[PDB]
Amino acid sequence: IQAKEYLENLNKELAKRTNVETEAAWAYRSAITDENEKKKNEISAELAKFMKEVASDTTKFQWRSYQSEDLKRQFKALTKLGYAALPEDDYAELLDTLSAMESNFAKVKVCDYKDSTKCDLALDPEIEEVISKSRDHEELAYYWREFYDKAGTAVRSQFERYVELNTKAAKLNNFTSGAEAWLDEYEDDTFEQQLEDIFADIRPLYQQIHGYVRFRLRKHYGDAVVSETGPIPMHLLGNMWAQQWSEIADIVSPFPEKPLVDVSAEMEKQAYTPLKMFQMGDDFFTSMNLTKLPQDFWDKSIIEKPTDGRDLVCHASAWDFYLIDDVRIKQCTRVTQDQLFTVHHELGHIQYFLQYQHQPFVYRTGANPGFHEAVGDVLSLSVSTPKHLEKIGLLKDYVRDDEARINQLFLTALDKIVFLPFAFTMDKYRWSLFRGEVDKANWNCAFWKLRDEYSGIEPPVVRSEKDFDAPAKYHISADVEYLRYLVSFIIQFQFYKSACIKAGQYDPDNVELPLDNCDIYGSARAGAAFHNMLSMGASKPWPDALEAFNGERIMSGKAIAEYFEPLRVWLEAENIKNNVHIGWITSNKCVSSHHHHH
Ligand SMILES: C[C@H](CS)C(=O)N1CCC[C@H]1C(=O)O
Ligand SMILES: [Zn+2]
């Protein structure tokens with residue numbers, strides 16, 4: 001019998017019913033009120049029951065024996081019930097606990113280090129600016145400590161029941177745990193190992209940047225503050241979680257003398273605005289014959305932090321309302337070079353949305369979560385190059401010295417190479433929890449030992465099992481899988497390298513056309529490749545989506561390394577010239593107790 005009629009009917013409903021859920025999720029996250037929180041959870045509970053019933057109806061159709069896939073593909077996916085598999089009581093309890101951590105994160109406020117009266121400083125604007133600009137280790141320590149105690153510790157209990165229900169829901173779907181359930185999204189039994197492999201190839205590179213940054217930081221802050229051979233004290237790497245270090249390029253770039261690609265201040269001087277930035281981002285896509293932003297986007301998107309005293313979630317995000325042309329972004333945008341990439345990052349999501357609207361709801365997602373987080377980053381890479389920044393006048397007079405090129409790759413290494421091990425630890429940690437590998441009595445150290453092993457970083461002050469820091473990371477609090485980023489930072493280079501080749505910008509043979517300097521801006525063959533891939537949306541396992549992009553079907557490290565080759569070689573020499581220590585000894589920042597009040 002034909003269920004193509006069934007599925008078509010059903011997807012159309014799901015897309016209708018998810019629309020409702022999406023408007024409540026979006027109202028909440030634009031204005032955190034209990035009422036909005038209640039409506040939001042209400043809708044999901046409702047949707048959850050529909051799914052349960054929709055799931056039992058499919059027992060009618062024995063698709064495990066059907067003929068054509070796609071159809072046979074839509075059932076395997078529509079019957080994979082996530083948290084909705086949980087009985088009524090638990091699903092609701094999960095939503096509550098899930099709401100608790102999300103709003104706790106977003107509602108954090110600390111008191112200004114030099115004015116204990118204020119206490120209205122928030123993470124997005126204020127704190128992120130301090131961690132990023134201050135050069136007083138004691139002040140960055142203050143803000144580190146103040147933020148991790150509120151954002152992580154305060155929500156340890158909820159986080160524990162979250163893992164419990166997460167696990168419960170995963171066994172309810174025939175998965176080993178929540179861990180193996182996330183991995184399933186990549187449809188490949190050897191995925192984790194492929195990633196463990198690639199990380200190994202780039203690690204050596206990671207351990208040359210590490211010792212170097214540590215060299216300057218220690219030269220700048222001093223021996224007493226940063227020690228040689230020891231892991232790098234966070235709070236000093238310019239990022240609350242140390243996932244990216246570009247913010248401290250003013251003190252660790254090898255050539256601050258040679259032009260620094262810091263368009264950030266030339267932006268502010270030119271009166272750049274959030275709106276202008278989105279429009280610039282709209283341009284790149286249309287330049288590539290990609291789809292232009294629809295009218296609902298400019299009408300509904302929130303692109304600047306609301307000015308009232310209301311609470312909201314401001315960790316940038318893009319929304320697919322599952323209709324036709326109703327896509328919106330919510331960003332607390334600021335005029336700075338990092339935010340500029342972010343806009344593009346977000347538009348990468350929007351693009352994908354538009355690219356697969358026609359697809360049956362079930363397939364309206366990304367081929368492999370990795371693909372979703374990479375689109376917009378590929379354009380960002382182009383925008384970051386001297387070529388494209390001069391072309392738009394955000395870099396007046398610039399000379400490609402040679403040692404100016406080193407900066408152009410080094411400033412990129414702090415966000416792209418450096419990130420690889422951070423994102424890997426994020427899920428390795430949550431995987432070890434989902435799997436019963438760790439004892440609740442060691443939950444907070446496993447996280448730090450893990451930040452130690454892979455990143456060589458440690459907290460500003462001693463923490464203990466009394467604290468719980470993992471939740472200080474938005475995604476841990478909001479339950480958002482993180483492996484998608486690791487995969488993105490790898491393959492986004494695979495995309496970029498092919499785009500530039502299809503575009504007349506990259507030639508491996510001769511020079512004058514180096515990978516780190518193509519712009520693909522205005523490239524039609526590029527957007528073309530980007531259309532064959534995006535338009536598919538989950539309709540096929542990812543090896544097929546990629547193959548639609550460049551004929552290849554494998555994920556590899558042959559992209560970042562080739563891109564950062566000139567940097568890697570420049571460092572080895574430099575590290576011997578300065579006698580720079582490589583590698584680090586285990587950390588002494590995870591313990592338990594100890595006070596001097598007798
Ligand atoms: C806003 C995006 C997701 S749409 C995000 O969370 N990113 C982008 C890069 C890293 C990571 C982060 O902020 O931790
Ligand atoms: Zn994203």
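Just so you know, residue 1 is the first one in the sequence shown, and it goes up from there. As the structure lists them, so they are numbered: ligands from 1, and atoms in each ligand from 1.
- Per the PDB entry, the macromolecule making the most contacts with ligand 1 here is angiotensin converting enzyme.
- Of the candidates ethyl 3-aminobenzoate, WIN 54954, L-captopril, the one located at ligand 1 is L-captopril.
- Binding site of L-captopril at 4.0 Å, heavy atoms: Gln243, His315, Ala316, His345, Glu346, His349, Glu373, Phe419, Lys473, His475, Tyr482, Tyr485.
- The UniProt domain of chain A holding most contacts with L-captopril is Peptidase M2.
- Taking the UniProt Zn(2+)-binding residues of chain A and keeping those with a non-hydrogen atom under 4.0 Å from L-captopril leaves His345, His349, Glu373.
- Below 3.5 Å of separation, one finds no N or O of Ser317 facing any N or O of L-captopril.
- Per-residue contacts place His349 under 4.0 angstrom from the following atoms of L-captopril (heavy atoms of the residue considered): 4 (S).
- Set against the non-hydrogen atoms of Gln243, the atoms of L-captopril under 4.0 Å away are 10 (C), 12 (C), 13 (O), 14 (O).
- Considering backbone and side-chain N/O atoms, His345 never comes within less than 3.5 Å of an N/O atom of L-captopril.
- Below 4.0 Å from some heavy atom of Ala316 lie the following atoms of L-captopril, by number and element: 1 (C).
- It turns out that the other ligands and ions under 4.0 Å from L-captopril are ligand 2 (zinc ion).
- Interface atoms of L-captopril facing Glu373, defined by a heavy-atom separation under 4.0 Å, are 3 (C), 4 (S).
- Taxonomically, the PDB assigns the source of chain A to Drosophila melanogaster.
- When distances are taken between heavy atoms and rounded to 1 Å, the UniProt active-site residue of chain A closest to L-captopril turns out to be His475, 3 Å.
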